[PDB]
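Bound complex of Palmitoleoyl-protein carboxylesterase NOTUM and caffeine.
Shown for chain A, in order and in the PDB entry numbering: 88-277, 281-283, 285-420, 428-451. Just so you know, ligand 1 is whichever comes first in the structure, and atom 1 is the first atom listed for that ligand.
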Amino acid sequence: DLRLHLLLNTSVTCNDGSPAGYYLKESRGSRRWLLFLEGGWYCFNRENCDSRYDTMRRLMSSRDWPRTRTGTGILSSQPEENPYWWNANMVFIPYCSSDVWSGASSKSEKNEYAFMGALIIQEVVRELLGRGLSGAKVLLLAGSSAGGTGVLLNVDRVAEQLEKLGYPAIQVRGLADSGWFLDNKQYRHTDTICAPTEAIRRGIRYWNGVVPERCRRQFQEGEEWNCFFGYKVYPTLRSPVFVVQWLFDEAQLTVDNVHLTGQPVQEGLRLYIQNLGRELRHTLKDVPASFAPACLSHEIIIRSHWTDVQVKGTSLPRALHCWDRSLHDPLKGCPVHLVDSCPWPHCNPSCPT
Ligand SMILES: *[C@@H]1O[C@H](CO)[C@@H](O)[C@H](O)[C@H]1NC(C)=O
Ligand SMILES: Cn1c(=O)c2c(ncn2C)n(C)c1=O
């Protein structure tokens, strides 16, 4: 079990002004720290944030959080479940800012909600430095879905923060799971139910959203939404980032207005889906540390059966171990770049059921 700690700095809040926090399981033996960013979409105006507050309140408030969470997949302390980092210090940072971890805005007389995702990550790192992180060799900032995008937006700021606090020895790395989206044409055009590009454009203004400096400098004022797209922000990052991305991500297909029912798929949708997989594969061509199976799924790294999926006979835990070896100073039978070439969901027999 990971134990809840609410942030001692109560100016750093969830959407409703309740304190943000983190779940921690310390490993006294280990100088490895895994900080996992939870996902769960976002909200980008008063009306859709109000709806989220009614039926997804745990993603907007700490008021109802449990005292403990069970570490699963990459957050498991059991080697059987987590061959990769079972002995690491484990941190789960709940997503309660609805801002893809980009926000730097307090609740005030002008703001119904606080969007403090970027500041929550900063505050968790600062408070952990007094709990053993000061002795770390490696800090892996990991995350799934909106948390995966959060890794891309925040990994270099965590590295900068530790450099400026006088910990240049701590190696900051990123693991972005199911956070690598395409600003592609929808299969069918569609209110909130608004394509990611426009929703993110509006979100940044609403959240006072912040993006990595080099990406911000490239795209400039009014175009920072570009930095929420992996293939655009990744090349601007200095920190090593491992990209885990299903070629047919369910969240990508949802925003593209693709709904597979069981009826025969006709030529138009077949070509659309094959084109999406090919586009995803293209964006990963020059990403040296990547795991991209040809599956229709969403998230993997905190799922208990994350060990089961393979690309070219290599599991994700093995790929991550090979990545660790690669960052000592290519390795025989220890690959780090694993992208499926087969063009249809579940052409990989190891895809989740
Ligand atoms: C508390 O958090 C706020 C907002 O991130 C920050 O400006 C302030 O410096 C923090 N104070 C302390 C004591 O950490
Ligand atoms: C750009 N983008 C998306 O496209 C997206 C998303 N979550 C789901 N989608 C589909 N997030 C967090 C995101 O930043």
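- The ligands or chains that make up caffeine in this structure: ligand 2.
- Defined by non-hydrogen atoms within 4.0 Å, the binding site of caffeine (ligand 2) is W128, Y129, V187, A233, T236, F268, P287, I291, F319, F320, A342, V346.
- In terms of protein heavy-atom proximity, atom 14 (O) of caffeine (ligand 2) is closest to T236 CG2, 3.5 Å.
- The UniProt active-site residue of chain A nearest to caffeine (ligand 2) (heavy atoms, to 1 Å) is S232, 5 Å.
- The atoms of caffeine (ligand 2) that sit less than 4.0 Å from any heavy atom of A233 are 12 (C).
- Nearest non-hydrogen protein atom to atom 12 (C) of caffeine (ligand 2) is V187 CG1, 3.5 Å.
- Nearest to atom 8 (C) of caffeine (ligand 2) among the protein's heavy atoms is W128 CZ3, 3.4 Å.
- Proximity to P287 (heavy-atom distance under 4.0 Å) selects the following atoms of caffeine (ligand 2): 3 (C), 4 (O).
- Taxonomically, the PDB assigns the source of chain A to Homo sapiens.
- Interface atoms of caffeine (ligand 2) facing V346, defined by a heavy-atom separation under 4.0 Å, are 10 (C).
- Near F319, meaning under 4.0 Å from one of its heavy atoms, caffeine (ligand 2) places the atoms 1 (C), 14 (O).
- When hydrogens are left out, the protein atom nearest atom 2 (N) of caffeine (ligand 2) is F268 CD1, 3.5 Å; that is the closest non-hydrogen contact.
- Every atom of caffeine (ligand 2) is numbered from 1 in the order shown, and the set under 4.0 Å from a heavy atom of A342 is 10 (C).
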